[PDB]
Asker: 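Supplied in structure tokens, the structure appears directly below.
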Amino acid sequence: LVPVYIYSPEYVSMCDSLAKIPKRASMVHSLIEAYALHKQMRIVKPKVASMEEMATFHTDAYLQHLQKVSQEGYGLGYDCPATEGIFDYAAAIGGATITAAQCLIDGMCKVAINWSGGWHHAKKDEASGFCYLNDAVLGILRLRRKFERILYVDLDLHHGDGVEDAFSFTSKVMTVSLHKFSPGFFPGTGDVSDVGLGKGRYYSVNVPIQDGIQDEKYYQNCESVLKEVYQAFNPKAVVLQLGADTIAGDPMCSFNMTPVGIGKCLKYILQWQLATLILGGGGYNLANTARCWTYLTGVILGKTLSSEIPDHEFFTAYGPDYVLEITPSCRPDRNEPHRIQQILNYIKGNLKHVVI
Ligand SMILES: O=C(CCCCCCC(=O)Nc1ccccc1)NO
Ligand SMILES: [K+]
Ligand SMILES: [K+]
Ligand SMILES: [Zn+2]
């Protein structure tokens, strides 16, 4: 009944190597360590994913090219540079999410955590949006060995298109994504009209949101969706992506959330008493991202954290106030109340078909 914390010094060091988020994995772990939360969790060393394990979703052609490129020097472009050691990076995170999933299967825990995972843009044969490997999909595929129905919830700023498309043709996995949706904003997909294909029709849920949304309206909207989804789909396990690029102070500067708002969503999911795999994701204000996931780690543990940031390796990065709480920015909420309701109505309508 003690939460599992996927961690090892080698794993964090590996994750720090991603140029898009340098040293972020260390900052997140160090802050969690500084709050001594790791002593209240079961620490499990992540296995490195094998070629066969990564192949459960990704094509052999892609996996081999990724390795070849990684050894010496398919979506490898601006967002996903073909840099050396990138296959080792991909295998590590994939294996970490799988390890967490296997922990859920064994009954070792009710909640397993991998903050360095949640890379949800990767397709079976294509890297996309800083994602070389879709560890979230790999996590769901592993869970499907034991659980008959999986619910995937994506609270990242960006649409979880890679996870959605991976399961868009099946009805055993339902994907739910709350994300910014606006013409020109990555990845451009995930309108409310997108519900899946074939036998997977109505088993993909998308909630388009505009800039400036804050804790209260986000939670109410998220709860009402999850409420209908839970009763309609009746999941046996949950995969939860909690990308922190929605948090105020993120350079993306889109949503205006605090970890408290996201935390309430997490609480509502945690009370389902189901096997839950926790993943990170986006988050480009490194200190704030550590703040968020440290806070959420405390929420999972049912602990109240000291407002003042404890001294640690990255203490200087937490100026100028050096506290745990994050203050929302002073900019408008661009979401019209009537639009939110209609999106909700479409979703309720689609979930009527989920009566099987
Ligand atoms: O958080 C993410 C990462 C998505 C990939 C990034 C979107 C494209 C983008 O914003 N690119 C960019 C921005 C600033 C400077 C250079 C590239 N996914 O959830
Ligand atoms: K999302
Ligand atoms: K689906
Ligand atoms: Zn994102």
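Here chain A follows the PDB entry for its numbers: 14-86, 96-378, in order, are the residues you see. Values below: every heavy atom of this structure, side chains too, minus hydrogens, waters and symmetry copies. Just so you know, ligand 1 is whichever comes first in the structure, and atom 1 is the first atom listed for that ligand.
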Asker: Given the choices nabumetone, clonixin, vorinostat, dyphylline, what is the drug or drug candidate at ligand 1?
Answerer: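 Out of the options, vorinostat.
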Asker: Determine the main partner chain of vorinostat by heavy-atom contacts under 4.5 Å and name it as in the PDB entry.
Answerer: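 It sits in most contact with Histone deacetylase 8.
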Asker: Tell me, which protein residue and heavy-atom name are nearest atom 10 (O) of vorinostat, and how many Å apart are they?
Answerer: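 The closest heavy atom on the protein side is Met274 CE, 4.0 Å.
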Asker: I'm curious, what organism does the PDB give for chain A?
Answerer: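 By the entry, that would be Homo sapiens.
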Asker: Would a 4.0 Å cut-off, counted as strictly less than, catch a protein heavy atom around atom 13 (C) of vorinostat?
Answerer: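 There is no protein heavy atom less than 4.0 Å from atom 13 (C) of vorinostat.
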Asker: Identify, by atom number and element, the atoms of vorinostat in contact range of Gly304, meaning under 4.0 Å from any of its heavy atoms.
Answerer: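 Answer for vorinostat: 1 (O).
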Asker: Is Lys33 close enough to touch vorinostat? Criterion: a residue heavy atom under 4.0 Å from a ligand atom.
Answerer: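 The answer is no, since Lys33 has no heavy atom less than 4.0 Å from vorinostat.
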Asker: Protein heavy atom under 4.0 angstrom of atom 7 (C) of vorinostat, is there one?
Answerer: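 Given the 4.0 Å cut-off, atom 7 (C) of vorinostat counts as touching protein heavy atoms.
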Asker: Show the atoms of vorinostat that are less than 4.0 angstrom away from any heavy atom in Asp267.
Answerer: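 So the atoms of vorinostat that pass are 1 (O), 2 (C).
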Asker: Take atom 2 (C) of vorinostat and look for protein heavy atoms under 4.0 Å from it; say yes if you find one, no if not.
Answerer: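 Yes, there is one.
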Asker: Under 4.0 Å from any heavy atom of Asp178, which atoms of vorinostat are there?
Answerer: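 Those atoms are 19 (O).
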Asker: Going by the atom numbers of vorinostat, which of them fall below 4.0 Å from some non-hydrogen atom of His142?
Answerer: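 By the 4.0 Å cutoff, the relevant atoms are 18 (N), 19 (O).
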Asker: Applying a strict 4.0 Å limit to heavy atoms, is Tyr306 in contact with vorinostat?
Answerer: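 Judged by the 4.0 Å heavy-atom criterion, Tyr306 does count as contacting vorinostat.
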Asker: What's the shortest distance from atom 15 (C) of vorinostat to any protein heavy atom, and which residue and atom give it?
Answerer: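 Ranked first by proximity to atom 15 (C) of vorinostat is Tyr100 OH, 4.3 Å.
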Asker: Purely on distance, is any nitrogen or oxygen of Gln263 under 3.5 Å from one on vorinostat?
Answerer: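 In this structure, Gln263 places no N or O atom under 3.5 Å from an N or O of vorinostat.
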Asker: What residue and atom, counting heavy atoms only, is the protein's closest point to atom 11 (N) of vorinostat, and at what distance?
Answerer: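 The answer is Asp101 OD1, 4.1 Å.
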Asker: Under a 4.0 angstrom heavy-atom cut-off, which atoms of vorinostat come close to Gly151?
Answerer: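 Once the distances to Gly151 are compared, the set is 3 (C), 4 (C), 5 (C).
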